[PDB]
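Index from 1, following the sequence. Whatever order the structure lists them in is the order used to number ligands and atoms, beginning at 1. Structure determined by X-ray crystallography, 1.8 Å.
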Amino acid sequence: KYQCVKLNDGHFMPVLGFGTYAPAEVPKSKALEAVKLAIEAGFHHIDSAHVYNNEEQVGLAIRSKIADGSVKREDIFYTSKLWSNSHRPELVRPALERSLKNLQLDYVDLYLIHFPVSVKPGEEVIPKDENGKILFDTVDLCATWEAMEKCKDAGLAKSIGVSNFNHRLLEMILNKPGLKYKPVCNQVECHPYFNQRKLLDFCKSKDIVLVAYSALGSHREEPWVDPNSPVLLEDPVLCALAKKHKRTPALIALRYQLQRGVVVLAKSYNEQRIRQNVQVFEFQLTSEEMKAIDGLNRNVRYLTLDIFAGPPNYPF
Ligand SMILES: NC(=O)c1ccc[n+]([C@@H]2O[C@H](COP(=O)([O-])OP(=O)(O)OC[C@H]3O[C@@H](n4cnc5c(N)ncnc54)[C@H](OP(=O)(O)O)[C@@H]3O)[C@@H](O)[C@H]2O)c1
Ligand SMILES: Cc1cc(CC(=O)O)n(C)c1C(=O)c1ccc(Cl)cc1
């Protein structure tokens, strides 16, 4: 058994997920070994995406742990994400089908709209003109969502959701005429320096699960993250809490999310930190401790993706 939450479509999501993004200089081989370790350690929720360029490896890990009797497919919750070069409705299903072929899985548990700003169709994830300008595309996300709904109806994705949506863009989906399925989640940056209370409360009021990424303060990979930004795991209050509970600042930060009703992702390619992260289920925080963590909030957004700034659908 393991801790899950009931999503608004009746499906269940394990409340701790393993993140599989690594900076490109990290060889892809490490993704295979890390996912296997995450499964061995007790992760039952694995988070990937087309744009991470690791689905062949992450799929192999999963296949391998099923084929060796370590786990059953129904006890893995696997998430992929529709990249912005495939927002046009007629491209959505082929994108999912391509991810499924790379993975050699029959279905994904969750398929998200990865980012709300669209770019031109093609193999290139960030297509650029001869002058280096990003090739933006104009697409109605409500049609993109209809095509997601059809992928759910075909059993290719058991659930569908969004990522890096803001209040306006969620409402756009929720208030859509002929809406068949709400998004089960909104996967966004969330951690003690950016606790997203406002958007969290919104998602709760609509029974949408907030899934927290960069819950440990992110890769801090340049140019995506300003190396001046504060180091989450170095916070004195988190480090004090960690010492007091004989845990780590990372564990405190993960536990914080679980108790506030957020599903939390943790990336690590390190065998010891992978095993350590599942200890989030071994302790609990008091109301006073949770309030202290709430006080760390400083509106620090690490991941702006501001190369996609300009178009109306840029969410930040
Ligand atoms: N939807 C989106 O747009 C989006 C955006 C960003 C991320 N994500 C998803 O969210 C996942 C996680 O976010 P993210 O990669 O920024 O990083 P995240 O998990 O905050 O972690 C950042 C760093 O923490 C380290 N770490 C892990 N456990 C630790 C521990 N117990 N003690 C000290 N350090 C620890 C990792 O290094 P080691 O590997 O060396 O342990 C990693 O570099 C991604 O892998 C991806 O699946 C989605
Ligand atoms: C697009 C994108 C968005 C995210 C945020 C996330 O979900 O973590 N990542 C990590 C990427 C890439 O991997 C990426 C791949 C190829 C190129 Cl050229 C640029 C970025």
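Looking at ligand 2, the drug there is zomepirac. Ranked by contacts, the top partner of zomepirac (the one with most) is named in UniProt as Aldo-keto reductase family 1 member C2.
With a non-hydrogen cut-off of 4.0 Å, the residues around zomepirac amount to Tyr21, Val51, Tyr52, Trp83, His114, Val125, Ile126, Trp224. Near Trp83, meaning under 4.0 Å from one of its heavy atoms, zomepirac places the atoms 1 (C). Nearest to zomepirac among the UniProt active-site residues of chain A, at a heavy-atom distance rounded to 1 Å, is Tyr52, 3 Å.
Heavy-atom proximity to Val125, at under 4.0 Å, picks out these atoms of zomepirac: 16 (C), 17 (C), 18 (Cl). What sits closest to atom 7 (O) of zomepirac on the protein, heavy atoms only, is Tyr52 OH, 2.6 Å.
Annotation: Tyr21 places no N or O atom under 3.5 Å from an N or O atom of zomepirac; distance criterion only. Heavy-atom proximity to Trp224, at under 4.0 Å, picks out these atoms of zomepirac: 19 (C), 20 (C). Among protein heavy atoms, the minimum distance from atom 19 (C) of zomepirac is reached at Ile126 CD1, 3.4 Å. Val51 CG1, 3.6 Å is the protein heavy atom nearest to atom 2 (C) of zomepirac. Of the residues that UniProt lists as binding NADP(+) in chain A, those with a heavy atom under 4.0 Å from zomepirac are the following: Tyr21. Of the residues that UniProt lists as binding substrate in chain A, those with a heavy atom under 4.0 Å from zomepirac are: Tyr21, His114, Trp224.
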